[PDB]
Trainee: 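Drug: flufenamic acid | Macromolecule: Transcriptional enhancer factor TEF-4.
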Amino acid sequence: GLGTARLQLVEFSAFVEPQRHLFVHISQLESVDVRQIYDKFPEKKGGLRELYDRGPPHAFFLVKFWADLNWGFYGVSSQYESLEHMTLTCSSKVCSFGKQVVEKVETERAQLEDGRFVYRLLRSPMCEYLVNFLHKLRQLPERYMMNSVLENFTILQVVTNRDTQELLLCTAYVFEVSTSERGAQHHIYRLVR
Ligand SMILES: O=C(O)c1ccccc1Nc1cccc(C(F)(F)F)c1
């Protein structure tokens, strides 16, 4: 599972609507050495290397997506849950060739449902930089070219307890493209050193 004692990812998805199309989808464990990816994110140092030093290390995950790009409103939907009532800050950074080019900061209040608290961030509009980027990527004539382009782009999500500023979840994403026959796919990994 992608999660800690305090906070779990229930569902994640990114999509376009005119019946929607999902680029990637997680509905709800191998490891990887964070040193192998230090370079994919800034040495900002709000990038990965510094965050990991201050831990906790069990809070840090890597997701590799093989996206489905064969298909307007662009959106992202996240759902988390916990047994504690919290307020969350969710920070998402896009990084391109080592440099942070987007930062999006959102908060969500716990909601009571079925004996647990859920934190629903639903249909957030995907930022414009990403929509435009996806429209170009969609044009490329060959899957191997898309992957070459995508090798230089990563996303980092940082979820903290807003009232204590404790990190609860830190997730790095990296991306390739799948063929239409093989649909979207993901693999989740703990990060270690
Ligand atoms: O959608 C935005 O505006 C977004 C902005 C900054 C950082 C991440 C963002 N969204 C996001 C976050 C995680 C994964 C994906 C996607 F999977 F769509 F690429 C998109």
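Since chain A takes its numbers from the PDB entry, the residues it shows come out as 222-239, 247-256, 266-308, 325-446. For ligands, and for the atoms within them, numbers begin at 1 and follow the listed sequence. Because only heavy atoms are used, hydrogens play no part in the values below, and waters and symmetry mates are left out as well, while side chains stay in.
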Trainee: Could you list every ligand or chain that corresponds to flufenamic acid?
Mentor: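 Copies included, the answer is ligand 1.
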Trainee: Find all atoms of flufenamic acid (ligand 1) within a distance of less than 4.0 Å from any non-hydrogen atom belonging to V347, and give their numbers and elements.
Mentor: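 Once the distances to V347 are compared, the set is 6 (C), 7 (C).
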Trainee: Among all protein heavy atoms, pick the one closest to atom 13 (C) of flufenamic acid (ligand 1) and tell me residue, atom and distance.
Mentor: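 So the nearest neighbour among protein heavy atoms is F233 CZ, 3.5 Å.
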Trainee: Considering only protein heavy atoms, which is closest to atom 18 (F) of flufenamic acid (ligand 1), and at what distance to one decimal place?
Mentor: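 Among all protein heavy atoms, the one nearest atom 18 (F) of flufenamic acid (ligand 1) is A235 CB, 3.1 Å.
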Trainee: Should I408 be counted as touching flufenamic acid (ligand 1), given the test is an N or O pair under 3.5 Å?
Mentor: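 No; the residue has no nitrogen or oxygen that sits under 3.5 Å from a nitrogen or oxygen of the ligand.
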Trainee: Can you tell me the protein heavy atom closest to atom 7 (C) of flufenamic acid (ligand 1) and the distance?
Mentor: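 Checked against all protein heavy atoms, atom 7 (C) of flufenamic acid (ligand 1) sits closest to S345 CB, 3.2 Å.
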Trainee: In flufenamic acid (ligand 1), which numbered atoms sit nearer than 4.0 Å to a non-hydrogen atom of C380?
Mentor: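 Here the atoms of flufenamic acid (ligand 1) in question are 1 (O), 2 (C), 3 (O).
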Trainee: Considering the heavy atoms of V252, write down every atom of flufenamic acid (ligand 1) situated less than 4.0 Å from one of them.
Mentor: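 Near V252, meaning under 4.0 Å from one of its heavy atoms, flufenamic acid (ligand 1) has 17 (F).
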Trainee: What protein heavy atom sits nearest atom 4 (C) of flufenamic acid (ligand 1), and how far off is it?
Mentor: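 Looking at atom 4 (C) of flufenamic acid (ligand 1), the protein heavy atom closest to it is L383 CD1, 3.8 Å.
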Trainee: In the protein, which heavy atom is nearest to atom 1 (O) of flufenamic acid (ligand 1), and how far is it?
Mentor: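 Scanning the protein heavy atoms, the shortest distance from atom 1 (O) of flufenamic acid (ligand 1) goes to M379 CA, 3.4 Å.
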